[PDB]
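Caption: avibactam (bound form) together with Beta-lactamase OXA-10, bound form.
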Amino acid sequence: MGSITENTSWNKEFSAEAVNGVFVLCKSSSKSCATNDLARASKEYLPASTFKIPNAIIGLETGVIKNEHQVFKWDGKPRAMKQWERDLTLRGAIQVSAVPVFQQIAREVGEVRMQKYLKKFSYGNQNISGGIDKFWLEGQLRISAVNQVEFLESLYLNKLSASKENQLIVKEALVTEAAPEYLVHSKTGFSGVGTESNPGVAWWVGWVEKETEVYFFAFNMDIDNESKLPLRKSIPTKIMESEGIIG
Ligand SMILES: *C(=O)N1C[C@H](NOS(=O)(=O)O)CC[C@H]1C(N)=O
Ligand code: NA
Ligand code: NA
Ligand code: NA
Ligand code: NA
Ligand code: NA
């Protein structure tokens, strides 16, 4: 990362909702970032479903995902969300956030190759302890909002230690809004409601391409009640709108 400046006026959008969280927003052309909370911007949290981004790249790199058009077939047995009970493409599995597809990717990648690529990607604390299929869900892996924006900038630039083709495949799978001069790539996550005195984490990370500028973003918040989940999009959206970053 370049420079980061704390702007505590952005806490307005958090206090209104009694949210403890952080937003990091970086403008590519000026090599500068801003945050409501410098200390929290570097604090590391479970990646939860945001881990689909590195995991998809790693699955392609290792050949476990055979190519961009692989279909992940449903075995017909119960899955935890109805939206996952179907065959899915790579983009569909990312977009509906189908955990079992990505747990099996991780199993097939295996611990040695997973460790290798998280070290190459400088991905968080790089700690894959807790089981090959769940280290990023309930194990020891942790990543900060600063590190998310660094990782996403590298992906945007095709500068991760992976083929350019595999980075491009994952990028199209992450498009969530497309207009002529406005394109958003993004991914949500939610580790759960935590335990007593130990909240869960909710995430929204991504980047916005508006005309010839690019803005990288990462939001996280403590969460202990699922009713608060939409704040992971609404608070960053309000901040980005106040910065003029909008269709
Ligand atoms: C990822 O964090 N998970 C899978 C699924 N993601 O949907 S989200 O991106 O809208 O948060 C549901 C939540 C979570 C999980 N249960 O593991
Ligand atoms: Na920057
Ligand atoms: Na955490
Ligand atoms: Na437009
Ligand atoms: Na909380
Ligand atoms: Na604001």
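The numbers used for chain A are those of the PDB entry, and the residues that appear cover 19-265, in sequence. Structure method, as recorded: X-ray crystallography, 1.3 Å. Both backbone and side-chain heavy atoms feed into the values below; hydrogens, waters and symmetry mates do not. Just follow the structure's listing: the first ligand is 1, and inside any ligand the first atom is 1.
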* **Structural location of avibactam (bound form), copies included** => ligand 1
* Write out the binding site of avibactam (bound form) as chain and residue number, heavy atoms closer than 4.0 Å. => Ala66, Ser67, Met99, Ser115, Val117, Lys205, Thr206, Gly207, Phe208, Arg250
* Give the atoms of avibactam (bound form), by number and element, whose distance to some non-hydrogen atom of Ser67 is under 4.0 Å. => 1 (C), 2 (O), 3 (N), 4 (C), 5 (C), 6 (N), 14 (C)
* UniProt active-site residue in chain A closest to avibactam (bound form), heavy-atom, rounded to 1 Å -> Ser67, 1 Å
* What protein heavy atom sits nearest atom 14 (C) of avibactam (bound form), and how far off is it? -> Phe208 O, 3.2 Å
* To do: Check whether the model has a covalent bond from avibactam (bound form) to a chain and give the residue and atom.
  => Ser67 OG
* Does any N or O atom in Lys205 lie less than 3.5 angstrom from one in avibactam (bound form), N or O only? -> yes
* To do: Can you sort out which atoms of avibactam (bound form) are near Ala66, meaning under 4.0 Å from one of its heavy atoms?
  => 2 (O)
* Which atoms of avibactam (bound form) are found less than 4.0 Å from any heavy atom of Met99? -> 12 (C)
* Enumerate the atoms of avibactam (bound form) whose separation from the nearest heavy atom of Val117 is less than 4.0 angstrom. => 4 (C), 17 (O)
* Does avibactam (bound form) approach any residue of chain A that UniProt lists for beta-lactam binding closer than 4.0 Å (heavy atoms), and which? -> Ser115, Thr206, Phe208, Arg250
